[PDB]
There are 2 protein chains.
Amino acid sequence: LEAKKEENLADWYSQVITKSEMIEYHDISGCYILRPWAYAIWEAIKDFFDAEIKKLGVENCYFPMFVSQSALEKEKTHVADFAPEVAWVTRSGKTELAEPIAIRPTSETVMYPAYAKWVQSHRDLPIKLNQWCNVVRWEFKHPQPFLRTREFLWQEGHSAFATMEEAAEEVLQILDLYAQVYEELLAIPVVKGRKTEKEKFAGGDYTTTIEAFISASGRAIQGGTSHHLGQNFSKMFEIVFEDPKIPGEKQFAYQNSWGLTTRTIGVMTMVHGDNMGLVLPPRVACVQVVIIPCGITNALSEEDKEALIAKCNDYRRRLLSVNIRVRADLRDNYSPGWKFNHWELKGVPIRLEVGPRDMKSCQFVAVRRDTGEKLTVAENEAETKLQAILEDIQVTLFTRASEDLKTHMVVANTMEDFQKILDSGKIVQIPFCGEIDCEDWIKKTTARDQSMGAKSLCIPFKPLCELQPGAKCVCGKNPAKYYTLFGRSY
Amino acid sequence: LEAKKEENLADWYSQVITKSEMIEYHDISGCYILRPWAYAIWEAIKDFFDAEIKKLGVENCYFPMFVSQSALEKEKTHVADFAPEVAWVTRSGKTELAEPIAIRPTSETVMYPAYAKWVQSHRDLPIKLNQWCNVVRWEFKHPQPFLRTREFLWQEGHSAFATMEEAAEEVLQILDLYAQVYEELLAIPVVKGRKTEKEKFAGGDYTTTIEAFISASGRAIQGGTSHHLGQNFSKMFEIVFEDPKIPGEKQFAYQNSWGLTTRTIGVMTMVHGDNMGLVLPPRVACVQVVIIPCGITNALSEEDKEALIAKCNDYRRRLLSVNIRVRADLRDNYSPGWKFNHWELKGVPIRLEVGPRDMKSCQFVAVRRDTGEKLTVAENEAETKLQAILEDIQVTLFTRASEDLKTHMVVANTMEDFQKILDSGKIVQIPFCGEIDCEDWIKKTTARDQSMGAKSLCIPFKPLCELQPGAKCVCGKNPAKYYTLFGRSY
Ligand SMILES: O=C(C[C@H]1NCCC[C@@H]1O)Cn1cnc2cc(Br)c(Cl)cc2c1=O
Ligand SMILES: O=C(C[C@H]1NCCC[C@@H]1O)Cn1cnc2cc(Br)c(Cl)cc2c1=O
Ligand SMILES: [Zn+2]
Ligand SMILES: [Zn+2]
């Protein structure tokens, strides 16, 4: 690794993700190749989430990606600001086509006409459906492998209830899951809260979100979102049912929608990385432990060279049997020292080092990726001790970026504190009125002193300080409705 | 179900797949919605396969879907017959675009430039990679939900070895897996063999395949394919490595590729269906057993109506604990008799019927979907007996369509037998020379008497009869190289 996090972050990231065999650039910019080392992290997230939404009664499915012109345009889901970012299909070979078709940037326009058809009785509710798919949005903005890409993978859930007490409960349930993905797997602490009326999903009553901080840049980033849509789309798409014991009457259904994307892997990179390379949390690594045989020489007995290469498999065998994801790298051509480095770039949590010097002592050595600390372990304790080190790494990585968050997230009550602490490369809870103006304003004000300015992130469900009796927005005109998280974003 | 399999098959299928809540048509023909009842079958296939290729050392990944014009066209992967079936992206919103981009119809053109880059040393081999993704091919041919669709889901593996003994072994390993999917899960017997030089994947040395018979129509269908590519693509894309102990020399890598698609679900439907509806093999059903409470009346004691609805959960609880996938349908608004029918269309293998008459006798009743046979079972035997019935159904469905295959697959040595037995709505092993002509010919000959004519299916690895000393192609000119499976196809 030539570049350094503190110094040229933009380069560091692009070097870490290539040299860890995670990403590979494609002959079309904005598009990237998810190599196995990264995909296994996505698949790890996928396994957890999938397991939890199904406990909630959600079922997976697959809708088409092609949304016809008379669909987006036929309605006004959009919110048509994004309309110049949709790609279009126009010709089948050379032969032109009847109407052009769009590539899904999201799936409301494809799914909701159908929801309308399936909801006949009130009996056909709820309808909770999820899909794991790719989506395509267009961007000329200088692209970036996990955070700013043209095609990406995600998950999008769309549920639809009779009542609102229902819909409401799910929205918060899902956001907790999205938290668990970041806090329990990825070991990334996040801030839960509600979008401002400026920022919330348009065409949807409210919008809960999960925001994480990437100190390295002093910006914060959006993790995943969970929206309550109320009746907006049902009205739009006539998803209606005859009421319960309010006969002859027409009730609109209450809807939700929530998504999480592959930016997770980018955030995970940005947060836990070294100048030594990528670092993975034990919960998501393809390989929790790598077993490398070291201490091999040109004239090492040939019957010894197969005691080593066999001792290694005993660890491999024993660890696999306690569901530790272990590879033994028994490759003849690379050095040991080469391997040490290779698996360090990739960020494998523990390196299990096996030398004959240690074999003699019926023992072995384990190296933590995060701290670098070596430990010498008895062969009869490989399971308990290594499982423990895996748990202790997860904690460390989490109880680091969280202390790193607490330093970098503070309250400021004047506007003059807020421009100092923001330029201090941090993020701030301020008193805020809520009006779009004293936000729409705030951006321009902060941008004049900073190459851009503070955005609202979320309105913390649990803000740092409680608000005091008379208290005013940073503007100085209106009173403060709620402490509100602001910062420069991604 | 109004239509009937024997009578209007084209309608039967379209009714079965809608009324079993599997498929839902979209505002663009050729495109369909995979509802949960179907997707869970795809996901079941996915779970099995994924588990097996990983034992083989394959790793999953995700390449982009956008293949640039200077890629397909830059090379000649194609085999350009299919070129007028590729969709194209041309505008980002209204703004036109630099060059147009294609939607992946397959991924050789996207993956192989990269394979070239990753294979530097000979050390970087093998490279076995898989991806589960959607692909888009265009068709005006009257579409059909699982068998003839424009967008579909599949899996595509692309491996790349130094030697050919390697590549060769995998091709056959994979085809056995594809067999297992059809024979062990889907309970559909298939015929293993090699494509003819007419039919094989172009741009690839040979092509093993799996062919299944859909009696209902007298046609056969392609299950999945596994190709050996040898050196064609490496040469094309310069995937090269310095040789082992043949220094200073340039070796091309040997490649494979293999795919399986969502047509599986269509074949599964076509093969096992009733006029009573879809039928699922226990190995893939979202719901192996449905628990329905029956024998409820208007004036049934309220404390009895909760002994029933509780007895049901005891079965639910006990079955879930032996990994039987069970739903208890406790819905208050539908009749019992309505439920019986609903879950019959969906093809749930067993209906677990709970009535108080049986509760009195501390017992219950189970109905097989395939045969219709009812059985009365002790409450202390619910696990062993139901698991057994699930196993016995799988077998039945398999040892049915297999006897149905043996009737409908026969040998014919003259050409005059072959035109009779083919028009008998069956498929035939004939003596065949191999020349494209005496195949290219065979189609036109059979088409003049039949609304189209026999195609080669495969060249059985284990043909019905052995060939006799002097023996000639059905044409009568050349000698027969091998018994070869022919028939009308899909
Ligand atoms: O992504 C969304 C809408 C919903 N999609 C499913 C997950 C929950 C989420 O609120 C917001 N969004 C974001 N970007 C977009 C870009 C384009 Br282009 C279009 Cl057409 C539409 C959108 C767009 O609708
Ligand atoms: O699907 C293939 C090529 C390979 N894809 C991966 C699985 C193994 C398989 O042999 C054959 N095929 C089939 N249909 C096609 C349609 C179009 Br359009 C194009 Cl460009 C290309 C193709 C095309 O290459
Ligand atoms: Zn204000
Ligand atoms: Zn011939």
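The sequence lines are taken in order and lettered A, B, and onward as chains. We're sticking with the PDB entry numbering for chain A, so the shown stretch reads 16-465, 473-512, in order. Here chain B follows the PDB entry for its numbers: 16-465, 473-512, in order, are the residues you see. Counting convention: from 1, in listed order, for ligands and their atoms alike.
Lab note: of zotepine, levosulpiride, molidustat, halofuginone, enarodustat, drug at ligand 1 is halofuginone. Lab note: main contact partner of halofuginone (ligand 1) (name per the PDB entry) = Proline--tRNA ligase.
Every other chain with a heavy atom under 4.0 Å from halofuginone (ligand 1) is named here: A. The deposit lists the origin of chain A as Homo sapiens. When the UniProt L-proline-binding residues of chain A are filtered for a heavy atom under 4.0 Å from halofuginone (ligand 1), what remains is A/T121, A/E123, A/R152, A/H242. At a heavy-atom cut-off of 4.0 Å, the residues contacting halofuginone (ligand 1) are A/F97, A/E100, A/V101, A/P120, A/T121, A/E123, A/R152, A/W169, A/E171, A/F216, A/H242, A/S272, A/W273, A/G274.
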